[PDB]
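Note sheet for the following structure.
Within every chain, numbering begins at 1; the chains are lettered A, B, ... in the order of the sequence lines, protein sequences first and strands thereafter. Only this structure's heavy atoms are used, side chains among them; waters, hydrogens and symmetry mates stay out. We count ligands from 1, going down the list as the structure has it; atoms in each ligand are counted the same way.
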Amino acid sequence: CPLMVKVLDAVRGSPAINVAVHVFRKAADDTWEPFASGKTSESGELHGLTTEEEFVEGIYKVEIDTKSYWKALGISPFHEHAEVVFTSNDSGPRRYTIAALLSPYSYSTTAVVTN
Amino acid sequence: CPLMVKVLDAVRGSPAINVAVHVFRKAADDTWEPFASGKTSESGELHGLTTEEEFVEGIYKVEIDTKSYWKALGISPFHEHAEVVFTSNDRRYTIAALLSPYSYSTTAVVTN
Amino acid sequence: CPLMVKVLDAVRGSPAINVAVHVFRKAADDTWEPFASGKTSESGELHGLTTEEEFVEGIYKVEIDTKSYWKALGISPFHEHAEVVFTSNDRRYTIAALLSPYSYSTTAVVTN
Amino acid sequence: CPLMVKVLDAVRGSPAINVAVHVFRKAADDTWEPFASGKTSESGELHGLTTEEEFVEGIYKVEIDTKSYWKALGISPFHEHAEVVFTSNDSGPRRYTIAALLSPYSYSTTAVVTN
Ligand SMILES: Cc1ccc(C(=O)c2cc(O)c(O)c([N+](=O)[O-])c2)cc1
Ligand SMILES: Cc1ccc(C(=O)c2cc(O)c(O)c([N+](=O)[O-])c2)cc1
């Protein structure tokens, strides 16, 4: 799989488990169409979202349902979600890890792109 | 102004100057309607986007054009932009973003 | 003042108020000598730690007492403190720290 | 191993490879004594620093030589290093991952503590 999503919890110091993740691809009509989704595992990781065959160059959106996660922990959050929007680029083989570190009023995201 | 946006550059250790910022508000038909826009100043700050009267309850999206920023510095970054989406239930909101080519962070400082 | 420290709370979305900050400078014998200290204000900012004349070239450590901050809020955090160690080769330095119980970030904004 | 260190590069979007990492334990004389060290792998990870037998409750410092890393990339950095100082706590089994995300003028660190 060319795309992994990993979510961590900065309040509890733990993987963020059972977080819903939705991936969209930008369509020619310039709207976001759903592509793949899942929930993070006990390790905070979400594997198997797509395939090398399916994950062609394009503009993608990864939406992480952070609000439902904090609501389940009883902590008032600021953001409705975390979005990561990026253009994929075939240039040799590549794997993308989208990692997000969550706090109730802050999040960070980084992309680790490896061969 | 109840909303201010501050953008910093974690590569240069400087304010991120002249960054385009667009604010949208979700309408009754669930579409994103344009609300306000501007550019960050020499201090990295964008003041005066809206007023207390205009900034009613609702769901807002702040879109920071980080890609154009990095490309102007010769860097091809990962993200198309940095988004912040939030509900206002009411206060002053500062939306701060810290930028690197393959990472960004955003935090909200909400004071009264 | 050439050095200002700003501390924010990523759980509450607020400035981190009354946080203790200690600054050290490395001496010729490679020991850390105390240089200045203070507490963050209601804005999360600590101004006036030093002066242009006192803040000479050298290696500095800013130690932010994040543990006492979280414990006062009922949280047992991971880190004993947040450190920033840097060389001044000269300018205004803003050292900003964003705090969560098991994570912190720090950035330097260096302007002229 | 109860302690892992992982370092990522936010400029290149990659693991931070060959970064030196030094671990110290606070001694009774209240000075930092070296305990373990190594360099990050191609995955940005440093495994095998210590053992469950050796890693007793105490105050630890993890020092990451970020300055040498940025100097090797030709990018002027702000920090001399990144330090993570923490007290370990036996409370059921525990593994600590200390993760650091590096930029030339900024770094973040988080602890992922799992069973
Ligand atoms: C934005 C951000 C900053 C730090 C982390 C972070 O702590 C982390 C931890 C891991 O175990 C790990 O494998 C990765 N990774 O490979 O992306 C990141 C995660 C996200
Ligand atoms: C996500 C993140 C992390 C760190 C910063 C940050 O470093 C920062 C720096 C400032 O000078 C400053 O005035 C503020 N602020 O007002 O909140 C934040 C900004 C954003």
### Task
List the macromolecule sharing the largest contact count with ligand 1, named according to the PDB entry.
Transthyretin
### Query
According to the PDB, which drug is present at ligand 1?
tolcapone
### Task
State which other chains have a heavy atom under 4.0 Å from an atom of tolcapone (ligand 1).
A, D
### Task
Provide the binding site of tolcapone (ligand 1) at 4.0 Å, counting non-hydrogen atoms only.
A:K6, A:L8, A:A99, A:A100, A:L101, A:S108, A:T109, A:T110, A:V112, D:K6, D:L8, D:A99, D:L101, D:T110
#### Entry: Heavy-atom protein contact below 4.0 Å for atom 12 (C) of tolcapone (ligand 1)
yes
#### Entry: Distance from atom 3 (C) of tolcapone (ligand 1) to nearest protein heavy atom, with residue and atom
D:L101 CD2, 3.9 Å
### Query
At a 4.0 Å threshold, what atoms of tolcapone (ligand 1) neighbour a non-hydrogen atom of A:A99?
1 (C), 17 (O), 19 (C), 20 (C)
### Task
Decide whether an N or O pair under 3.5 Å exists between D:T110 and tolcapone (ligand 1).
no
### Message
Please check whether D:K6 reaches tolcapone (ligand 1) - meaning an N/O of the residue sits under 3.5 Å from an N/O of the ligand, judged on distance alone.
### Response
yes
#### Entry: For A:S108, the tolcapone (ligand 1) atoms whose distance to one of its heavy atoms is below 4.0 Å
1 (C), 2 (C)
### Message
Please list, in number order, the atoms of tolcapone (ligand 1) under 4.0 Å from a heavy atom of A:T109.
### Response
1 (C)
### Query
UniProt L-thyroxine-binding residues in chain A with a heavy atom under 4.0 Å from tolcapone (ligand 1)?
A:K6, A:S108
### Message
If the cut-off is 4.0 Å to any non-hydrogen atom of A:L8, which atoms of tolcapone (ligand 1) fall inside it?
### Response
5 (C), 6 (C), 7 (O), 8 (C), 9 (C), 19 (C)
Present, as a list of atom pairs with distances to 0.1 Å, all nitrogen or oxygen contacts under 3.5 Å between tolcapone (ligand 1) and the protein.
unit_1, atom_1, unit_2, atom_2, d
tolcapone (ligand 1), 11 (O), A:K6, NZ, 3.4
tolcapone (ligand 1), 13 (O), A:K6, NZ, 3.2
tolcapone (ligand 1), 13 (O), D:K6, NZ, 2.6
tolcapone (ligand 1), 16 (O), D:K6, NZ, 3.1

